[PDB]
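Contents of the following structure include bosutinib.
Here, residue 1 is the first one in the sequence, and each next residue gets the next number. Read the numbers this way: they start at 1 and go in the same order the structure lists the ligands and their atoms. Technique stated in the header: X-ray crystallography, 2.1 Å.
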Amino acid sequence: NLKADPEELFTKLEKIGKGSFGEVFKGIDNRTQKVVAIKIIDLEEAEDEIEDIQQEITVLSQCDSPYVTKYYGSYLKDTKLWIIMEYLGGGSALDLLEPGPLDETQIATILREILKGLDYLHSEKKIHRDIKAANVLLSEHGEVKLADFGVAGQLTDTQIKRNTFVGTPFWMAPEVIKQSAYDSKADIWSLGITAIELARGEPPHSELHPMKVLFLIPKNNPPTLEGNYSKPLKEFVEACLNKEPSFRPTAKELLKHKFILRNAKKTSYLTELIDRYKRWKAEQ
Ligand SMILES: COc1cc(Nc2c(C#N)cnc3cc(OCCCN4CCN(C)CC4)c(OC)cc23)c(Cl)cc1Cl
């Protein structure tokens with residue numbers, strides 16, 4: 001279902017990010033003048049990565065949610081692949097953390113929107129597998145969406161569990177590290193680590209080497225949120241960070257958690273965080 005001739009429909013503007021698979025560019029939909037994000041992958045400097053690229057695009061093309069980065073299409077241009085997504089100008093939740101701490105209203109608001117994305121994803125039998133603040137993107141007006149489906153997985157009727165070692169070590173669930181059969185409950189663990197990350201600025205063990213973390217997480221007791229935080233926020237985290245995945249709540253259940261219900265407000269209030277980052281970055 002790939003398409004061709006991207007530059008007929010889109011204008012490529014300036015570079016805004018890179019991994020080393022390919023680079024991400026700002027761009028324009030010349031049919032609407034909406035701004036988009038364009039990822040270009042030289043299909044040559046990657047080889048093993050080709051199958052993971054194909055899976056990512058598949059997952060993206062099948063998602064239709066206001067809580068998941070909208071996918072425009074994938075375009076072939078000679079040796080290059082262009083992946084076109086909506087542009088989100090507010091930066092990531094991680095960016096928003098850089099100038100300083102969040103309050104519990106902002107934390108609950110962000111967590112609630114992530115939970116709506118996870119509920120959508122999990123209802124579609126998809127697992128994100130790399131939930132973390134850096135993969136939570138915001139519009140300039142504070143809309144919050146899940147991004148970066150580079151390791152997302154799909155459950156089917158013949159495959160009701162996954163086994164693959166993927167994720168970012170600090171955020172990974174213990175059953176994923178063990179490469180046991182796991183499912184969407186793994187995203188709920190990662191969400192718990194993410195809530196600590198939103199609260200503390202960093203996930204547990206963040207000063208350790210990622211490889212060391214891979215043996216610590218299955219053995220150690222689960223992280224808890226320590227410090228002067230509300231009881232419901234601490235219990236939200238604790239609920240998520242159960243070593244036994246069937247004891248973790250679903251995303252749907254967490255949307256009704258006391259911490260969420262008591263503290264989450266309108267996403268438009270998150271523009272304050274967006275302004276704060278812009279001010280912070282400018283004077284950097
Ligand atoms: C296209 O394909 C993909 C793109 C992405 N990533 C992004 C998506 C998406 N989706 C959307 N929006 C993004 C916006 C970004 O920048 C907003 C920052 C505001 N300004 C930038 C310019 N400066 C000078 C002023 C401040 C951004 O930066 C790296 C990455 C974004 C992912 Cl994660 C996966 C795939 Cl496949």
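- The chain forming the most contacts with bosutinib (ligand 1) in this entry appears in the PDB entry as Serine/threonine-protein kinase 24.
- Ranking the protein heavy atoms by distance from atom 15 (C) of bosutinib (ligand 1) puts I16 CD1, 3.6 Å first.
- Ranking the protein heavy atoms by distance from atom 20 (N) of bosutinib (ligand 1) puts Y87 OH, 3.4 Å first.
- The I83 neighbourhood of bosutinib (ligand 1) comprises atoms 1 (C), 2 (O), 36 (Cl), with distances under 4.0 Å to a heavy atom of that residue.
- The closest non-hydrogen atom to atom 36 (Cl) of bosutinib (ligand 1), taken over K145, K15, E86, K39, comes from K39.
- Within a 4.0 Å radius of atom 29 (C) of bosutinib (ligand 1), the protein has at least one heavy atom.
- Looking at chain A, most residues touching bosutinib (ligand 1) fall inside the UniProt domain Protein kinase.
- For bosutinib (ligand 1), the atoms lying closer than 4.0 Å to a non-hydrogen atom of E56 are 36 (Cl).
- Within a 4.0 Å radius of atom 5 (C) of bosutinib (ligand 1), the protein has no heavy atom.
- Residue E14 places every heavy atom at 4.0 Å or more from bosutinib (ligand 1).
- Short contacts between bosutinib (ligand 1) and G89, defined as distances under 4.0 Å to a heavy atom of the residue, involve ligand atoms 19 (C).
- Regarding atom 10 (N) of bosutinib (ligand 1), its nearest protein heavy-atom neighbour is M85 CB, 3.4 Å.
- Bosutinib (ligand 1) places these atoms under 4.0 Å from at least one heavy atom of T69: 10 (N).
- Considering both main-chain and side-chain atoms, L88 comes within under 3.5 Å of bosutinib (ligand 1) through a nitrogen or oxygen pair.
- Heavy-atom proximity to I38, at under 4.0 Å, picks out these atoms of bosutinib (ligand 1): 1 (C).
- In terms of protein heavy-atom proximity, atom 25 (C) of bosutinib (ligand 1) is nearest to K281 NZ, 4.0 Å.
- Only the side chain of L137 comes within contact range of bosutinib (ligand 1), with a heavy atom under 4.0 Å; no backbone atom does.
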